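The structure described below contains paromomycin.
Numbered from 1 within each chain, the chains take letters A, B, ... in sequence-line order. Scope of the values below: all heavy atoms of this structure, side chains included, with no hydrogens, waters or symmetry mates. Both ligands and their constituent atoms are indexed starting at 1 by order of listing. Only a part of the entry is shown; contacts are counted within it. Method reported for this entry: X-ray crystallography, 2.8 Å.
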Amino acid sequence: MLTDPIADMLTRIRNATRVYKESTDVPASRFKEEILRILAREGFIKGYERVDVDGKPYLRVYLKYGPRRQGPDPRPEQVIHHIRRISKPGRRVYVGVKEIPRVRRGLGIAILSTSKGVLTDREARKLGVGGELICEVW
Amino acid sequence: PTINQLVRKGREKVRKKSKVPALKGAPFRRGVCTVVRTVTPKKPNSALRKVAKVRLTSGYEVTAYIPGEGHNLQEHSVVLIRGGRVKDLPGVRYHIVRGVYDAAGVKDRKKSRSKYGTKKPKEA
RNA sequence: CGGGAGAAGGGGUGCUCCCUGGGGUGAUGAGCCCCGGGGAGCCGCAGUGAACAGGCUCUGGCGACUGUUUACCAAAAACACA
RNA sequence: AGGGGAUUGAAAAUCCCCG
RNA sequence: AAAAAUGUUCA
RNA sequence: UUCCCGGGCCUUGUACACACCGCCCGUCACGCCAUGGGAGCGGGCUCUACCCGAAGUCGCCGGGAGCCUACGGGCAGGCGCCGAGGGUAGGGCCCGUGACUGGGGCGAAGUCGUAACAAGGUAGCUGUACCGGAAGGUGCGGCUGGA
RNA sequence: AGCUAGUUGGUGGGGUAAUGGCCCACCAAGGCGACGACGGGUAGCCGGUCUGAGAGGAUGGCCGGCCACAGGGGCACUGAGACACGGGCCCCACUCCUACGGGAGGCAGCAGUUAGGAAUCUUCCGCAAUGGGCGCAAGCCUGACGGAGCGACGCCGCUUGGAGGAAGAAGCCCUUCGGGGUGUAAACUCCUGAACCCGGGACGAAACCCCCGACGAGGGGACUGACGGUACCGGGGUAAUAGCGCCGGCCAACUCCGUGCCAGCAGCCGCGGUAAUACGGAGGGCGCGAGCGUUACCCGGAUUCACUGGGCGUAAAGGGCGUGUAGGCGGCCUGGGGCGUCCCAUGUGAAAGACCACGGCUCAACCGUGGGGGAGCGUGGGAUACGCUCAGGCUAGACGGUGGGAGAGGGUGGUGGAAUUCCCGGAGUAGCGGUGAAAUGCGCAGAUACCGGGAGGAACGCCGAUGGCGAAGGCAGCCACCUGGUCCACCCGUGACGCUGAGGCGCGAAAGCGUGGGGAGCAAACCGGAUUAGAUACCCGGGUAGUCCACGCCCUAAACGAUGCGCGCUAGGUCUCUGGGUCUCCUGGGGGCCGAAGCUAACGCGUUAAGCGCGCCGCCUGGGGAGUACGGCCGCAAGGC
Ligand SMILES: NC[C@@H]1O[C@H](O[C@H]2[C@@H](O)[C@H](O[C@@H]3[C@@H](O)[C@H](N)C[C@H](N)[C@H]3O[C@H]3O[C@H](CO)[C@@H](O)[C@H](O)[C@H]3N)O[C@@H]2CO)[C@H](N)[C@@H](O)[C@@H]1O
Ligand SMILES: [Mg+2]
Ligand SMILES: [Mg+2]
Ligand SMILES: [Mg+2]
Ligand SMILES: [Mg+2]
Ligand SMILES: [Mg+2]
Ligand SMILES: [Mg+2]
Ligand SMILES: [Mg+2]
Ligand SMILES: [Mg+2]
Ligand SMILES: [Mg+2]
Ligand SMILES: [Mg+2]
Ligand SMILES: [Mg+2]
Ligand SMILES: [Mg+2]
Ligand SMILES: [Mg+2]
Ligand SMILES: [Mg+2]
Ligand SMILES: [Mg+2]
Ligand SMILES: [Mg+2]
Ligand SMILES: [Mg+2]
Ligand SMILES: [Mg+2]
Ligand SMILES: [Mg+2]
Ligand SMILES: [Mg+2]
Ligand SMILES: [Mg+2]
Ligand SMILES: [Mg+2]
Ligand SMILES: [Mg+2]
Ligand SMILES: [Mg+2]
Ligand SMILES: [Mg+2]
Ligand SMILES: [Mg+2]
Ligand SMILES: [Mg+2]
Ligand SMILES: [Mg+2]
Ligand SMILES: [Mg+2]
Ligand SMILES: [Mg+2]
Ligand SMILES: [Mg+2]
Ligand SMILES: [Mg+2]
Ligand SMILES: [Mg+2]
Ligand SMILES: [Mg+2]
Ligand SMILES: [Mg+2]
Ligand SMILES: [Mg+2]
Ligand SMILES: [Mg+2]
Ligand SMILES: [Mg+2]
Ligand SMILES: [Mg+2]
Ligand SMILES: [Mg+2]
Ligand SMILES: [Mg+2]
Ligand SMILES: [Mg+2]
Ligand SMILES: [Mg+2]
Ligand SMILES: [Mg+2]
Ligand SMILES: [Mg+2]
Ligand SMILES: [Mg+2]
Ligand SMILES: [Mg+2]
Ligand SMILES: [Mg+2]
Ligand SMILES: [Mg+2]
Ligand SMILES: [Mg+2]
Ligand SMILES: [Mg+2]
Ligand SMILES: [Mg+2]
Ligand SMILES: [Mg+2]
Ligand SMILES: [Mg+2]
Ligand SMILES: [Mg+2]
Ligand SMILES: [Mg+2]
Ligand SMILES: [Mg+2]
Ligand SMILES: [Mg+2]
Ligand SMILES: [Mg+2]
Ligand SMILES: [Mg+2]
Ligand SMILES: [Mg+2]
Ligand SMILES: [Mg+2]
Ligand SMILES: [Mg+2]
Ligand SMILES: [Mg+2]
Ligand SMILES: [Mg+2]
Ligand SMILES: [Mg+2]
Ligand SMILES: [Mg+2]
Ligand SMILES: [Mg+2]
Ligand SMILES: [Mg+2]
Ligand SMILES: [Mg+2]
Ligand SMILES: [Mg+2]
Ligand SMILES: [Mg+2]
Ligand SMILES: [Mg+2]
Ligand SMILES: [Mg+2]
Ligand SMILES: [Mg+2]
Ligand SMILES: [Mg+2]
Ligand SMILES: [Mg+2]
Ligand SMILES: [Mg+2]
Ligand SMILES: [Mg+2]
Ligand SMILES: [Mg+2]
Ligand SMILES: [Mg+2]
Ligand SMILES: [Mg+2]
Ligand SMILES: [Mg+2]
Ligand SMILES: [Mg+2]
Ligand SMILES: [Mg+2]
Ligand SMILES: [Mg+2]
Ligand SMILES: [Mg+2]
Ligand SMILES: [Mg+2]
Ligand SMILES: [Mg+2]
Ligand SMILES: [Mg+2]
Ligand SMILES: [Mg+2]
Ligand SMILES: [Mg+2]
Ligand SMILES: [Mg+2]
Ligand SMILES: [Mg+2]
Ligand SMILES: [Mg+2]
Ligand SMILES: [Mg+2]
Ligand SMILES: [Mg+2]
Ligand SMILES: [Mg+2]
Ligand SMILES: [Mg+2]
Ligand SMILES: [Mg+2]
Ligand SMILES: [Mg+2]
Ligand SMILES: [Mg+2]
Ligand SMILES: [Mg+2]
Ligand SMILES: [Mg+2]
Ligand SMILES: [Mg+2]
Ligand SMILES: [Mg+2]
Ligand SMILES: [Mg+2]
Ligand SMILES: [Mg+2]
Ligand SMILES: [Mg+2]
Ligand SMILES: [Mg+2]
Ligand SMILES: [Mg+2]
Ligand SMILES: [Mg+2]
Ligand SMILES: [Mg+2]
Ligand SMILES: [Mg+2]
Ligand SMILES: [Mg+2]
Ligand SMILES: [Mg+2]
Ligand SMILES: [Mg+2]
Ligand SMILES: [Mg+2]
Ligand SMILES: [Mg+2]
Ligand SMILES: [Mg+2]
Ligand SMILES: [Mg+2]
Ligand SMILES: [Mg+2]
Ligand SMILES: [Mg+2]
Ligand SMILES: [Mg+2]
Ligand SMILES: [Mg+2]
Ligand SMILES: [Mg+2]
Ligand SMILES: [Mg+2]
Ligand SMILES: [Mg+2]
Ligand SMILES: [Mg+2]
Ligand SMILES: [Mg+2]
Ligand SMILES: [Mg+2]
Ligand SMILES: [Mg+2]
Ligand SMILES: [Mg+2]
Ligand SMILES: [Mg+2]
Ligand SMILES: [Mg+2]
Ligand SMILES: [Mg+2]
Ligand SMILES: [Mg+2]
Ligand SMILES: [Mg+2]
Ligand SMILES: [Mg+2]
Ligand SMILES: [Mg+2]
Ligand SMILES: [Mg+2]
Ligand SMILES: [Mg+2]
Ligand SMILES: [Mg+2]
Ligand SMILES: [Mg+2]
Ligand SMILES: [Mg+2]
Ligand SMILES: [Mg+2]
């Protein structure tokens, strides 16, 4: 019945990607799109858009992959080699402004929910705030 | 184990046993040699290792080994137990501190002597 | 598992005075009896002050048990018993 | 029981010989 | 669709 | 070419690998160590109850007795509650030790047989049940980690 | 694993500096507990300290802070303050004294003795400084303190020399007999000069006190040093201690002799059986050095209790299965509150220690000064994404409706045929049986084989599968009744009502047990016969409980897919059971095989996951001891948990 919808979205994404798919449709969720917007506003996916599978509103999420490769396993590298939820329903993960993560020595990101919106490992830091460490991509 | 479970049960700390009960975590323990026999090696060895049972201070009585060549412990010799298993003789879990109390140092040892309590000889 | 249980081991009990709770017949009130409870205070060596009135425990044997038996030496580990 | 010869890679075991 | 047990110790 | 002996390649099984002249099980004997049960015996901690009960505080009294007075009163002394501990009794918890008894561990070359690993030479194993020197045998049922 | 009588609360008192069953009457029956009450064990707490990359783990010795105690126990008095270590009273233990008539003492203060132990010091100097008590002050007391003494116990500084010196003494060890090594090491030559010797000699000490002013503010005068004739400065001045461990690998350092599974070594692996780099000595070498080793203990390495940071198909690990309580976790949208969460500010976070500088002793070790950081917690203001919460709404989760399906799902009652066994009857004769071969055994008292009639029990051939149903155990002849779950279709209803699940309750093969019934076949035990060295077995002939039924127990298992449940996501191919359709096809449910990506130690798994994820439960932590012992709970017992 889906306990944590968000962790799912990531997984749906983490799977569709691992096979190289055009787009994936994660179920409608304002807060979800946020992690999406951010996910794109940071250039991890071509983008997304609302749809409806018979009164069932989902969200097309277009995946971005790399260039074809030379040699065996000519499988194109991916934009997202790793996404994993942090704060889980079975163990909420909160962090203070000084506690925010440093994802992949800076190359990475760390979406998170804050009292004043949904920011990232830099944004939130710049805003100098804190909140539920939603997760981390890179 | 889930977190929730961890919250409930929780991990259990090991706590290990004393590889040698020489009482009050003591560097050494004194005692009288109740007997002084001569047992035999284990698994692949052959010889007549010299062992001696000892009535410790602590009303205890245990087998202790004896180092080097020759010695002089008798059925009633006071001695110092050091604590060092002799992996090759079942039971023997303590060595006798040579050159202490009734224990006589080793005669004519010239090499390692700190061990074996042999006095530093003069070369003249 | 009823029972071992009166296990064991203790403390109280007489007399006077004060207040008080329910009962039965009256009658719903009074005498009349019936069970209690709480405080003070008096006297002796001793208050179920005389008479009636268990000593106890641990541990073996035999027989399960209540019973029955040698009228007049044997009541049992014997007979009986479900 | 120890020691010696034979015997073994060295024993164990086995054969012969001693106060 | 099979008669038949065992083979000292350390290397 | 069935059968005895030895030898090729393919295959299968393997718990073997100084490799079946392999490996390996349990009883038994001997030695050392810890340990359970045990008629019990010894000591430590505690709980309950009632009997005696110091000092002392407090509460009465201070009467027909004493001491002081500035006559109100105070002290001494009397009684009571609380009370350390002591006694007797009956419980609870732990430690030591005990004739004998039960298994268990470990210890170069002692005894008996062959359970298991190759259909291990009756597939094996397993819950149960009975039985037998010992491994174990067999019954029912189960599993393949067997065919 | 249940605990509680001042026990929980109450009105009124008593008590106190004061709150309050702290205490006492009277009244009401409460109070606590799996968020672990009650009970046993163990323990002084913190600042910090040790280790770790950190998170953590361990620890609480010195110094600082809090508490507690003064031989064991109780009680008050005095007082601002005590139930008071060197004050008091009593009881107890202990030791002592005595004129034997009674009394005395309380080092867990300093030092010292004895006992115990592996082991822990001088019966030191001084009040000069700091601090404390009394006094107007002079000043008195101060084993607090300030110093000294003892121990490589620790830390730090420092010495046993420096520069030359042979194509290289001697001695000793190797030696392919040339030589190689110790080794510039030495001797020897020059220079420096710890020790020792003589001379000088402290800081720490300015106050209190005396005079002027006012005995104040400000100024002037005087006394005082335990350590110590020590530090330290100057002069002279002699080459002036080295040891311990190791050298097979891990782990840096090798050769000879002795010894011969002996003697011995040994942290784990291991070495020694007559050429040992492992034992013992030697030459040599490596390491550290007034130390070097050993034993003990803590952290580490050990992501080996795993939050960081692990696991359970075969390695230890899924509960035998189900139902469900507490608890844990929870779809989509709009708004209110703002507990979690987050930000700001402020209080706090002693000093010491830890980190950064800078200075003080010749340096350092110690030490001073300044700076910088501290989680946590309180108060004040603010934010609202996420968790929480209240409120309003929705239909993708979940449940229901109408209509149908398949199935060995379960319970009861009845019923059919095949076969086996026995009974009667007929017919018939010399063996049948069983085996590897046999024997036991059955048979002239008439068997086996054949037919007919009859009784009774138990199992259900073909269909049948590589299938189907059930949560598991498990469920098969046929029929009817009673009843569970599950699948499809129709978009009808409810509107998150959900997932999981400690404990609990139920079910739970076979074997086994209780009361009663039944009994053909088979069959532990048992008895014979063979086999064999033996055969308490395998094979043969007999045979009871049991296997069956009713009702009630036991509750285990290779109770296995050896794979917890729920949901989501991630190529296909193939055959098969079952449902629906404008039916060569499309779509739903289940069982098998092969396999994408990916996972795995490998084997293998692979939309029926062991892939990628989330929620919740269960469980694992080397092998043997042992699923044993004890305790508890259950059972009639066997036994189980
Ligand atoms: N580890 C042994 C344990 O006890 C048993 O094993 C014990 C016995 O079976 C075994 O005895 C063996 C014997 O089996 C074998 N056939 C002959 C051998 N000589 C005996 O040996 C025994 O005794 C001699 C002295 O006589 C000792 O030196 C030796 O160490 C010891 N194991 O000795 C063992 C005790 O050391 C179990 N069977 C075993 O499964 C269990 O694990
Ligand atoms: Mg051996
Ligand atoms: Mg050896
Ligand atoms: Mg050791
Ligand atoms: Mg009796
Ligand atoms: Mg009695
Ligand atoms: Mg009278
Ligand atoms: Mg009488
Ligand atoms: Mg009479
Ligand atoms: Mg009788
Ligand atoms: Mg009678
Ligand atoms: Mg009679
Ligand atoms: Mg009579
Ligand atoms: Mg008579
Ligand atoms: Mg009688
Ligand atoms: Mg009589
Ligand atoms: Mg033959
Ligand atoms: Mg044999
Ligand atoms: Mg052999
Ligand atoms: Mg042999
Ligand atoms: Mg050997
Ligand atoms: Mg050899
Ligand atoms: Mg092998
Ligand atoms: Mg063999
Ligand atoms: Mg062999
Ligand atoms: Mg015993
Ligand atoms: Mg006893
Ligand atoms: Mg009494
Ligand atoms: Mg009194
Ligand atoms: Mg005992
Ligand atoms: Mg014994
Ligand atoms: Mg024994
Ligand atoms: Mg034995
Ligand atoms: Mg044994
Ligand atoms: Mg032997
Ligand atoms: Mg067998
Ligand atoms: Mg065999
Ligand atoms: Mg076999
Ligand atoms: Mg057979
Ligand atoms: Mg069996
Ligand atoms: Mg027997
Ligand atoms: Mg038996
Ligand atoms: Mg026998
Ligand atoms: Mg067995
Ligand atoms: Mg048998
Ligand atoms: Mg069988
Ligand atoms: Mg079977
Ligand atoms: Mg089964
Ligand atoms: Mg089978
Ligand atoms: Mg096999
Ligand atoms: Mg009051
Ligand atoms: Mg007071
Ligand atoms: Mg109280
Ligand atoms: Mg009150
Ligand atoms: Mg206690
Ligand atoms: Mg203590
Ligand atoms: Mg670490
Ligand atoms: Mg730490
Ligand atoms: Mg650890
Ligand atoms: Mg700790
Ligand atoms: Mg602590
Ligand atoms: Mg300590
Ligand atoms: Mg302190
Ligand atoms: Mg006290
Ligand atoms: Mg004392
Ligand atoms: Mg006291
Ligand atoms: Mg005073
Ligand atoms: Mg005092
Ligand atoms: Mg004193
Ligand atoms: Mg004296
Ligand atoms: Mg006199
Ligand atoms: Mg007197
Ligand atoms: Mg002293
Ligand atoms: Mg002493
Ligand atoms: Mg001593
Ligand atoms: Mg002074
Ligand atoms: Mg002073
Ligand atoms: Mg020189
Ligand atoms: Mg030379
Ligand atoms: Mg030379
Ligand atoms: Mg040379
Ligand atoms: Mg040298
Ligand atoms: Mg000079
Ligand atoms: Mg001075
Ligand atoms: Mg003065
Ligand atoms: Mg002045
Ligand atoms: Mg002086
Ligand atoms: Mg000089
Ligand atoms: Mg000079
Ligand atoms: Mg010299
Ligand atoms: Mg070495
Ligand atoms: Mg090396
Ligand atoms: Mg020798
Ligand atoms: Mg050595
Ligand atoms: Mg030789
Ligand atoms: Mg040689
Ligand atoms: Mg040699
Ligand atoms: Mg050597
Ligand atoms: Mg461990
Ligand atoms: Mg973890
Ligand atoms: Mg296995
Ligand atoms: Mg396993
Ligand atoms: Mg299991
Ligand atoms: Mg459930
Ligand atoms: Mg809940
Ligand atoms: Mg808030
Ligand atoms: Mg917080
Ligand atoms: Mg601050
Ligand atoms: Mg500080
Ligand atoms: Mg400096
Ligand atoms: Mg500072
Ligand atoms: Mg802060
Ligand atoms: Mg709602
Ligand atoms: Mg029927
Ligand atoms: Mg028939
Ligand atoms: Mg029959
Ligand atoms: Mg006839
Ligand atoms: Mg017949
Ligand atoms: Mg199924
Ligand atoms: Mg059925
Ligand atoms: Mg139905
Ligand atoms: Mg609808
Ligand atoms: Mg509606
Ligand atoms: Mg059953
Ligand atoms: Mg049965
Ligand atoms: Mg039976
Ligand atoms: Mg039969
Ligand atoms: Mg038979
Ligand atoms: Mg026979
Ligand atoms: Mg044979
Ligand atoms: Mg039945
Ligand atoms: Mg049951
Ligand atoms: Mg089993
Ligand atoms: Mg299975
Ligand atoms: Mg399918
Ligand atoms: Mg199937
Ligand atoms: Mg692949
Ligand atoms: Mg596959
Ligand atoms: Mg799918
Ligand atoms: Mg498929
Ligand atoms: Mg797996
Ligand atoms: Mg579960
Ligand atoms: Mg162990
Ligand atoms: Mg173990
Ligand atoms: Mg028990
Ligand atoms: Mg019972
Ligand atoms: Mg029975």
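- Tracing paromomycin through the model gives ligand 1.
- In this complex, the main macromolecule engaging paromomycin, as named in the PDB entry, is 16S ribosomal RNA.
- With heavy atoms closer than 4.0 Å, the chains neighbouring paromomycin read F.
- Less than 4.0 Å from paromomycin sit no other ligands or ions.
- The binding-site residues for paromomycin (non-hydrogen atoms, 4.0 Å) are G26(F), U27(F), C28(F), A29(F), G105(F), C106(F), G107(F), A108(F), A109(F), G110(F), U111(F).
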